[PDB]
Undergrad: 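Got a structure for you, questions after.
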Amino acid sequence: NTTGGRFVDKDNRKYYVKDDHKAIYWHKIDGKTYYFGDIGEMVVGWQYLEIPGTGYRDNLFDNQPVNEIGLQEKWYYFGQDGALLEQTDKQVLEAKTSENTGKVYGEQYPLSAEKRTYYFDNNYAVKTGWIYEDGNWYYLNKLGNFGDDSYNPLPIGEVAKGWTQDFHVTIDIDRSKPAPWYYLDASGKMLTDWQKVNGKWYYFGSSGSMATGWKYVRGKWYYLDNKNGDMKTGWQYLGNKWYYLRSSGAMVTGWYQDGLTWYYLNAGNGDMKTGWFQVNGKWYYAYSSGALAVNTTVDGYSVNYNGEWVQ
Ligand SMILES: CC(C)[N@+]1(C)[C@@H]2CC[C@H]1C[C@@H](OC(=O)[C@@H](CO)c1ccccc1)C2
Ligand SMILES: CC(C)[N@+]1(C)[C@@H]2CC[C@H]1C[C@@H](OC(=O)[C@@H](CO)c1ccccc1)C2
Ligand SMILES: CC(C)[N@+]1(C)[C@@H]2CC[C@H]1C[C@@H](OC(=O)[C@@H](CO)c1ccccc1)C2
Ligand SMILES: C[N+](C)(C)CCO
Ligand SMILES: C[N+](C)(C)CCO
Ligand SMILES: C[N+](C)(C)CCO
Ligand SMILES: C[N+](C)(C)CCO
Ligand SMILES: C[N+](C)(C)CCO
Ligand SMILES: C[N+](C)(C)CCO
């Protein structure tokens, strides 16, 4: 809603001058939106800026005070004429790189030979987070790359690929909130259910979040690394108890013979039994290793070839 001034070309830059002053920051002029930075140089192309609309970085001129405000920064796209692209859905645009962002009108720079589909929110900023398209979920980076004492916002809004953690993010990551892991394939499609990645199995369920710990899937129990999510197999000591997982990863219950040795996995919980235990009337004795005692004596007690306590 800025009127009364005029655009001016000087020193290879463009400004908007009203009553002798240069427009700074965000301005809505004659049906279009522009951004003039801190000193008035109209911007063009890709820009990572403080969000507009609060009034703290809007309708301002360089002769006015720039009160201190804390505003999140987001990616916006401006035409070569400086007009903000007021997209709220999506649009194919030159990819943003280290060579075509933060430029101002008058500067010379190359146009990305590569175009990409960028998604936008209802306030014309590049969208981040989850998006659903043509039957699949895609994740647009909420964060840029951290270096130690360094941050690059370029990845924000780009389609994520591979292992990706979904943090709660605003200006910074919210460490108190949960951050599930997801896996996006080569085209960015979010994987669901069982998937073998880098030689190991992971379970992403229906929501796509990587499962950890014990997980009940289609009538069977599986154990995924409590931290890394990879499916375990074979004998596993969990919670001070032994469990046997088949090569398929499914937990075994009942009698199980490993080589010549029998073991008994608790009917429901699946934990390996030790000591004397009864099964369908019969009594059996398992050593501390869980191995069933057979054709021998156990503290004055005889047990036959099936480990059954002989009367
Ligand atoms: C390259 C930009 C900064 N312009 C110099 C172009 C397009 C906007 C600005 C000034 C001029 O265009 C306008 O004055 C009209 C065009 O509709 C306009 C200005 C600002 C917002 C919306 C429209 C020519
Ligand atoms: C906790 C899960 C989601 N990981 C972070 C663990 C195990 C899988 C995932 C990523 C990583 O596992 C990997 O195999 C590493 C090896 O460099 C990896 C990271 C990103 C892409 C491919 C492999 C560490
Ligand atoms: C004759 C068998 C079936 N017992 C009754 C004997 C030997 C095993 C079984 C129970 C008991 O032997 C035990 O070791 C005791 C020890 O508390 C036991 C009782 C209940 C379950 C498991 C062991 C006495
Ligand atoms: C959804 N896209 C932008 C991510 C990829 C093309 O299928
Ligand atoms: C993939 N998501 C949209 C489904 C779920 C994360 O909240
Ligand atoms: C975990 N699965 C993919 C490996 C096997 C189901 O039987
Ligand atoms: C495998 N268990 C320990 C997880 C569950 C049985 O109810
Ligand atoms: C894991 N153990 C103690 C259970 C069995 C021998 O392999
Ligand atoms: C150990 N067994 C003989 C007892 C039972 C499995 O069939």
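Count residues from 1 along the sequence. Heavy-atom basis, side chains included; hydrogens, waters and symmetry copies ignored. Remember, it's 1-based here, ligands and their atoms both numbered in the order they're listed.
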Undergrad: From the list alogliptin, ipratropium, tegaserod, mycophenolic acid, give the drug seen at ligand 3.
TA: ipratropium
Undergrad: Going by the PDB entry, what is the chain that binds ipratropium (ligand 3) with the most atom pairs under 4.5 Å called?
TA: choline-binding protein F
Undergrad: I'm curious, what organism does the PDB give for chain A?
TA: Streptococcus pneumoniae
Undergrad: Flag atom 13 (C) of ipratropium (ligand 3) as yes if some protein heavy-atom distance to it falls below 4.0 Å, otherwise no.
TA: yes
Undergrad: Protein heavy-atom contact under 4.0 Å for atom 18 (C) of ipratropium (ligand 3)?
TA: no
Undergrad: Yes or no, since that's all I need: does a protein heavy atom fall within a distance strictly under 4.0 Å of atom 10 (C) of ipratropium (ligand 3)?
TA: no
Undergrad: In the protein, which heavy atom is nearest to atom 20 (C) of ipratropium (ligand 3), and how far is it?
TA: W283 CH2, 4.2 Å
Undergrad: Is atom 5 (C) of ipratropium (ligand 3) less than 4.0 angstrom from some protein heavy atom?
TA: no
Undergrad: Measure from atom 24 (C) of ipratropium (ligand 3) to every heavy atom in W309, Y301, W276, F277 and give the option owning the shortest one.
TA: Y301
Undergrad: Indicate whether atom 22 (C) of ipratropium (ligand 3) is within a distance of less than 4.0 angstrom of some protein heavy atom.
TA: yes
Undergrad: With a non-hydrogen cut-off of 4.0 Å, what is the binding site of ipratropium (ligand 3)?
TA: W276, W283, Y301, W309
